[PDB]
Amino acid sequence: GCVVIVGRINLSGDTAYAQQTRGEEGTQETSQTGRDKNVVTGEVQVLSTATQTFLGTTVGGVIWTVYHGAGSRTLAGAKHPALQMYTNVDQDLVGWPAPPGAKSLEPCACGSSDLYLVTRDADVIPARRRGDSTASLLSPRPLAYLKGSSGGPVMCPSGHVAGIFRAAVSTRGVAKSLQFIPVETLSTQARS
Ligand SMILES: CC(C)(C)[C@@H]1NC(=O)O[C@@H]2CCC[C@H]2OC/C=C/C(F)(F)c2nc3ccccc3nc2O[C@@H]2C[C@@H](C(=O)N[C@]3(C(=O)NS(=O)(=O)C4(C)CC4)C[C@H]3C(F)F)N(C2)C1=O
Ligand SMILES: [Zn+2]
């Protein structure tokens with residue numbers, strides 16, 4: 001089937017919030033068709049398949065997300081579904097051309113180690129960067145609270161995107177660190 005945009009998160013300005021755009025029935029129908037009547041607004045899109053829900057982040061004109069969520073599927077669009085311009089299983093990364101209305105986030109270059117994840121519910125979860133692709137949670141939290149936020153943005157204090165949430169370091173139901181796809185990896189991405 002198709003990946004469907006069932007919601008959005010606008011990060012510019014005040015404390016962000018999530019905005020639902022479709023329901024169960026409409027998302028199933030639109031994953032069957034591939035025709036998305038709704039307009040695209042925001043920098044972070046809530047994405048769903050017939051079975052899974054996750055996030056995508058708009059950077060450099062492209063909606064990026066995780067392969068373990070979208071696989072090789074297409075993204076519903078105005079007229080027809082959009083084909084993936086980027087696919088990399090090793091990086092767990094996939095990318096579709098950003099349609100009209102999708103606002104891109106600017107890459108981070110400040111070197112700030114004080115990052116935060118924006119979840120699918122628009123919660124802010126801070127973490128201290130300790131490597132190229134890892135950041136330690138300031139407080140451990142149950143893994144279930146992070147589920148469904150893969151593909152969401154890992155942000156710097158300035159509002160620029162340092163990375164894309166990919167996986168969690170967890171033990172016995174409790175997450176201690178986030179692992180993400182560095183933003184520098186999305187610019188050096190081969191338009192297949
Ligand atoms: C134990 C754990 C937390 C479940 C697991 N940790 C884990 O593997 O830790 C190791 C050690 C340190 C980093 C990581 O190195 C391995 C990298 C794995 C990977 F991620 F690159 C990945 N490449 C794939 C490529 C092709 C096909 C399948 C793939 N499957 C993968 O990983 C899988 C998926 C990923 C996941 O659940 N991501 C999140 C999420 O919310 N998803 S989701 O939206 O609900 C949903 C399932 C709908 C899409 C953000 C974390 C949230 F839950 F916090 N996983 C397992 C984990 O995070
Ligand atoms: Zn920055």
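Positions are given from 1 along the sequence. Counting starts at 1 for both ligands and their atoms, in listed order. Going by what the header records, the deposited coordinates were determined by X-ray crystallography, 2.0 Å. All heavy atoms count here, side chains included; hydrogens, waters and symmetry mates do not.
- Of the listed lenacapavir, glecaprevir, digitoxin, reserpine, the one present at ligand 1 is glecaprevir.
- Within 4.5 Å of glecaprevir, most heavy-atom pairs belong to the chain that UniProt identifies as Genome polyprotein.
- Heavy-atom contacts of glecaprevir within 4.0 Å involve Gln52, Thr53, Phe54, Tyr67, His68, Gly69, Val89, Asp92, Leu143, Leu146, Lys147, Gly148, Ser149, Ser150, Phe165, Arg166, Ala167, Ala168, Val169, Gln179.
- For atom 56 (C) of glecaprevir, the nearest protein heavy atom is 4.0 Å or more away.
- Counting the atoms of glecaprevir from 1 in the order shown, those under 4.0 Å from a heavy atom of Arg166 are 20 (F), 21 (F), 35 (C), 36 (C), 38 (N), 39 (C), 50 (C).
- Measured from glecaprevir, no other ligands or ions fall under 4.0 Å.
- By the definition of a contact as any protein heavy atom under 4.0 Å away, atom 36 (C) of glecaprevir is in contact.
- Atom 16 (C) of glecaprevir lies below 4.0 Å from none of the non-hydrogen atoms of the protein.
- The shortest N or O to N or O distance between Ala167 and glecaprevir is not below 3.5 Å.
- In the vicinity of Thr53, heavy-atom distances shorter than 4.0 Å reach the glecaprevir atoms 44 (O), 48 (C).
- For a threshold of 3.5 Å applied to N or O pairs, the pair formed by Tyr67 and glecaprevir contains no separation below that value.
- Nearest protein heavy-atom neighbour of atom 32 (O) of glecaprevir: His68 ND1, 4.6 Å.
- Shown here, atom 3 (C) of glecaprevir is in close reach of the protein: a heavy atom of it lies under 4.0 Å off.
- If you number the atoms of glecaprevir from 1 as listed, the ones under 4.0 Å from a heavy atom of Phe54 come out as 44 (O).
- Atom 21 (F) of glecaprevir is approached by the protein to below 4.0 angstrom, counting heavy atoms only.
- Checked by distance only, glecaprevir and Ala168 come closer than 3.5 Å through their nitrogen or oxygen atoms.
- The dominant UniProt domain at the interface of chain A with glecaprevir is Peptidase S29.
- Protein heavy atoms are found less than 4.0 angstrom from atom 50 (C) of glecaprevir.
- Below 4.0 Å from some heavy atom of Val169 lie the following atoms of glecaprevir, by number and element: 12 (C).
- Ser150 CB, 3.5 Å is the protein heavy atom nearest to atom 40 (C) of glecaprevir.
- Residue contacts with glecaprevir: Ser170 is placed with no nitrogen or oxygen under 3.5 Å of a nitrogen or oxygen of the ligand (distance criterion only).
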